[PDB]
**Student:** 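Supplied in structure tokens, the structure appears directly below.
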Amino acid sequence: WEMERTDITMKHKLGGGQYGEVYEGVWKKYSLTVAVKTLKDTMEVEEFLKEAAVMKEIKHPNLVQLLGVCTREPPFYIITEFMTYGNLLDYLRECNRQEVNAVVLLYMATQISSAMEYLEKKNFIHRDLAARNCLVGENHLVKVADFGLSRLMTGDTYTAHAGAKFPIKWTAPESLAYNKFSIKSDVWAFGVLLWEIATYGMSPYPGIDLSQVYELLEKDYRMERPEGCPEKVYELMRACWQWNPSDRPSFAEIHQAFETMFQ
Ligand SMILES: Cc1ccc(NC(=O)c2ccc(CN3CCN(C)CC3)cc2)cc1Nc1nccc(-c2cccnc2)n1
């Protein structure tokens, strides 16, 4: 995975510095546009290296693709493919809804649940599954990613919980209550991500304050079916949001339900 900082031209920051220390670059060797995550320097060197190691272990059509890293000498790089249409959240808000119709929404959900079915089998845990962490390429190709948005991001999307920031409105109750993350809380976050897709990137639990979200989920409040969302997709959302993690379907299951539907 190692490669020459001589094979890479660092150009502008991607998405106007929304992704933090991540740069648009060219992989000279192949006249290729890449994304390069850099490191400041900060005492974040530990988690940056776990990250590269993890990425080495995973490969799937629907996971953002590692291409190389630069971790002998600073500056420390990690290098992936570059996705033309950018993050999914903005893509949905900005799209031609006649192009990105019902069938496309469904295709988008399918691909993500295939990426997740994969991490599941490899016993990985994403931990921050959301449209903002997905990328779109040509022909509505969607890849799941993880950009480390907790400390970058600008607003009430992430809120503080003991030196950590959690996106409350994506977070499974057991994770809010007991700090318990598992593939099942990924399943919960996928149900919220389903709702983002169906509302074309609306914010979840609109206007509901953060501090009442847990209490509402406990009293069994769930977000309504969006306008135009197939009932079986919504029933699936409803299963991802089962109170008990073990009552939640698996991404194997979800992917199968989504693969059938794709008709
Ligand atoms: C340049 C880079 C460096 C690292 C990563 N890392 C990941 O995307 C990633 C994905 C999955 C995991 C798996 N991991 C398992 C353990 N749990 C806890 C967390 C997730 C980890 C990192 C992506 C990128 N890609 C990236 N980053 C930011 C922006 C963009 C981008 C933006 C616009 C157009 N094209 C690309 N592309």
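One-based numbering along the sequence shown. When a ligand or atom number is given, it counts from 1 through the structure's own listing order. Technique stated in the header: X-ray crystallography, 2.4 Å.
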**Student:** Write down the drug at ligand 1.
**Tutor:** imatinib
**Student:** I keep wondering which chain grabs imatinib the most here. What name does UniProt give it?
**Tutor:** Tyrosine-protein kinase ABL1
**Student:** What part of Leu14, side chain from CB on, backbone N/CA/C/O, both or neither, has a heavy atom under 4.0 Å from imatinib?
**Tutor:** side chain
**Student:** Please classify the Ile125 to imatinib contact at 4.0 Å (heavy-atom distances, strictly less than): side chain, backbone, both or neither.
**Tutor:** backbone
**Student:** Quick one: look at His126 and imatinib, take heavy-atom pairs under 4.0 Å, and tell me if it's side chain, backbone, both or neither.
**Tutor:** backbone
**Student:** Would you mind running through imatinib and noting each atom that sits below 4.0 Å from a heavy atom of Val54?
**Tutor:** 13 (C), 14 (N), 15 (C)
**Student:** May I ask you to list the atoms of imatinib that are less than 4.0 angstrom from any heavy atom of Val22?
**Tutor:** 27 (N), 28 (C), 29 (C)
**Student:** What do we get for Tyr19 next to imatinib when only non-hydrogen atoms under 4.0 Å count, side chain, backbone, both or neither?
**Tutor:** side chain
**Student:** Which imatinib atoms does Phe82 reach within 4.0 Å, using its non-hydrogen atoms?
**Tutor:** 34 (C), 35 (N)
**Student:** Give the atoms of imatinib, by number and element, whose distance to some non-hydrogen atom of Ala145 is under 4.0 Å.
**Tutor:** 8 (O), 10 (C)
**Student:** I want to know if imatinib touches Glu81 in the polar sense, i.e. an N/O pair below 3.5 angstrom.
**Tutor:** no
**Student:** Return the UniProt domain name for the region of chain A with most contacts to imatinib.
**Tutor:** Protein kinase
**Student:** Any idea which part of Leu135 is under 4.0 Å from imatinib, heavy-atom wise: side chain, backbone, both or neither?
**Tutor:** side chain
